[PDB]
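Shown here: dicoumarol bound to NAD(P)H dehydrogenase [quinone] 1.
Chain letters: A, B, ..., in sequence-line order. Numbering, chain A: per the PDB entry, residues 3-224 in sequence. Chain B uses the PDB entry numbers throughout; the residues present, in order, are 3-224. What's counted below: heavy atoms across the whole structure, side chains too, no hydrogens, waters or symmetry copies. One-based numbering, in listed order, for ligands and for the atoms of each.
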There are 2 protein chains.
Amino acid sequence: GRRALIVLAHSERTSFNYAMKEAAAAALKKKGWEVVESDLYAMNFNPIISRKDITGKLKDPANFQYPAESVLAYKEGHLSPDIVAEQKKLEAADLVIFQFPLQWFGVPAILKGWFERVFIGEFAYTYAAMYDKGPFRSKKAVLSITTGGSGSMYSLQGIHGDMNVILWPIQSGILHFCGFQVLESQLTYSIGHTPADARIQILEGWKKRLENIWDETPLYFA
Amino acid sequence: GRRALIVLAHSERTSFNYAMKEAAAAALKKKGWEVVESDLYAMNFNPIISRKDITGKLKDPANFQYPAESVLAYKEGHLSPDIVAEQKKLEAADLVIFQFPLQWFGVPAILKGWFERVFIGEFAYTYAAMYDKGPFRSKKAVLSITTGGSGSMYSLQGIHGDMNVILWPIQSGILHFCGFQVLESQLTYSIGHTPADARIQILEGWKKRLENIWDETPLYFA
Ligand SMILES: Cc1cc2nc3c(=O)[nH]c(=O)nc-3n(C[C@H](O)[C@H](O)[C@H](O)COP(=O)(O)OP(=O)(O)OC[C@H]3O[C@@H](n4cnc5c(N)ncnc54)[C@H](O)[C@@H]3O)c2cc1C
Ligand SMILES: Cc1cc2nc3c(=O)[nH]c(=O)nc-3n(C[C@H](O)[C@H](O)[C@H](O)COP(=O)(O)OP(=O)(O)OC[C@H]3O[C@@H](n4cnc5c(N)ncnc54)[C@H](O)[C@@H]3O)c2cc1C
Ligand SMILES: O=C1Oc2ccccc2C(=O)[C@@H]1C[C@H]1C(=O)Oc2ccccc2C1=O
Ligand SMILES: O=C1Oc2ccccc2C(=O)[C@@H]1C[C@H]1C(=O)Oc2ccccc2C1=O
């Protein structure tokens, strides 16, 4: 009886990304998983870090520094409700899935802001406990990414360069940094070129992988 | 009589980042440059792409697709005022400076959202004209980044890996993609460990580089 969290970053319910979230949620429930969601757009999630992330009086309001202030707020329990609610989803989660379209070679701003506001010090990382020693080391995370471009465009010979180098600041810099055992990215290329029956098989293949996602071998980080 | 645009992504006017923007603006004006700013936080810039980026009736409102809809809106002149105002700053700019603290190994969400909402198709790139053939090929861009970590942490032997690999999706994936001649990043490491007199020299060295920034040799992209 494991618990999964699906973070979705797409504005449209009619999108293929939304379809992929639905497929993920259905396959996991069918396998006994408990499924919680963070549809950032449906939540109208605020992705901008500010002093309003901390309730009540600050330590140094004249010279506000987000890192020091936010960590203190997490420890003492003075973070804003929307952040706290998200941190609670993560605390309960065994597996976290990030479903998003690749945007300017990375995560959409609303997901980037989610990381910035939710992954507070002490909670998601400490200067003393990161990577293998990270707080999330008992959890697994996976990116499911849809692109406009082709797999070959995102290779060494392609115009964009290798995808693994592109995803490094997310997979390593964010996920592994916080301790996550990162699983292999689900990459869906050339969305606009994919006919209807192929898109269906894409959804079916994704649900198929999720049937045994937990048994997978994580990525290796030196 | 050249024109410069400074995009700043920091909430605090008391921040060292704000100080660096002020230093940049002052050194360029002293050298005859015209200086325009985009203080994203002071502007309360909206960093979330949505159908509200397009005014009036859409082509396909039942199945909204941002890329197709936004490009059409740029061509026909139906983009939201805040986006248009930003695109006009870029059109007039010879040099664009991005001043921001490194956040989770990249740009803050509000700057990421700025790229996503402002860099619309046809305006900032086309599938047929990118990189060297990009629309911004007559312009130069530079990142000025402040970090909590050290230069050595961001090396091959460091725990975080090489900085140039970290900055690749920004420098290449965004700036060069749109045609910019990208200049060498101004990297200010270990902010929290830097004493007052050293911070002053940091500001002075930055203004010094800007005295002859336009004559610099751009980065090489294969
Ligand atoms: C700001 C921005 C930056 C971008 N940057 C990049 C980049 O750097 N690199 C890159 O490669 N691409 C980039 N893109 C392109 C982007 O990655 C693709 O547009 C995106 O991945 C497509 O995903 P989608 O969910 O919007 O597909 P949609 O266009 O919403 O859907 C595609 C098809 O799937 C169908 N569909 C929906 N639901 C179902 C279902 N249940 N079953 C079967 N079919 C269904 C739809 O009807 C549609 O025909 C960018 C786009 C934007 C807006
Ligand atoms: C969400 C988030 C994610 C982050 N991710 C990363 C990461 O991945 N890697 C990493 O290395 N770091 C990271 N950091 C740390 C961050 O990069 C640093 O906190 C930031 O670069 C410091 O910049 P600042 O402008 O806030 O400095 P501040 O702390 O605001 O200023 C530092 C000093 O400069 C002084 N100062 C201000 N104005 C002047 C002036 N005119 N003259 C002289 N001195 C002045 C101030 O008084 C202060 O003492 C992250 C921080 C956050 C909040
Ligand atoms: O769909 C494509 O068509 C192409 C045809 C010829 C050469 C290259 C490309 C591409 O890069 C991709 C995706 C293309 C991309 O990779 O970068 C982007 C940045 C912002 C917004 C949208 C996108 C894309 O859809
Ligand atoms: O200041 C630091 O102290 C350290 C001491 C020992 C080992 C590593 C580090 C660091 O990574 C940096 C910066 C540190 C970092 O690199 O990643 C972050 C992610 C989110 C928020 C803030 C930060 C940081 O300030």
_Location of dicoumarol, all copies_ = ligands 3 and 4
*Using a heavy-atom cut-off of 4.0 Å (strictly under), which other chains touch dicoumarol (ligand 3)?*
A, B
*Proximal dicoumarol (ligand 3) atoms for A:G150, defined as those under 4.0 Å from one of its heavy atoms*: 1 (O), 13 (C)
*asked:* Tell me whether B:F179 reaches dicoumarol (ligand 3) (any heavy atom closer than 4.0 angstrom to a ligand atom).
replied: yes
*Taking the non-hydrogen atoms of A:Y156, is any one of them nearer than 4.0 angstrom to dicoumarol (ligand 3)?*
yes
*asked:* Mind looking up which residues in chain B UniProt says bind substrate, and which of those have a heavy atom under 4.0 Å from dicoumarol (ligand 3)?
replied: B:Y127
*Identify the organism of origin of chain B according to the PDB entry.*
Homo sapiens
*dicoumarol (ligand 3) atoms in contact with A:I161 (distance to a heavy atom under 4.0 Å)*: 7 (C), 8 (C)
*Proximal dicoumarol (ligand 3) atoms for A:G151, defined as those under 4.0 Å from one of its heavy atoms*: 12 (C), 13 (C)
*Does an N or O anywhere in A:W106 fall below 3.5 Å from an N or O of dicoumarol (ligand 3)?*
no
*Identity and distance of the protein heavy atom lying nearest atom 22 (C) of dicoumarol (ligand 3)*: B:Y127 OH, 3.3 Å
*asked:* With the threshold set at under 4.0 angstrom, would you say A:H162 reaches dicoumarol (ligand 3) through any of its heavy atoms?
replied: yes
*Can you tell me the protein heavy atom closest to atom 3 (O) of dicoumarol (ligand 3) and the distance?*
B:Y129 CD2, 3.4 Å
*asked:* Any chance you could list the binding-site residues for dicoumarol (ligand 3)? Cut-off is 4.0 Å, heavy atoms.
replied: A:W106, A:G150, A:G151, A:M155, A:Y156, A:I161, A:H162, B:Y127, B:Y129, B:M132, B:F179
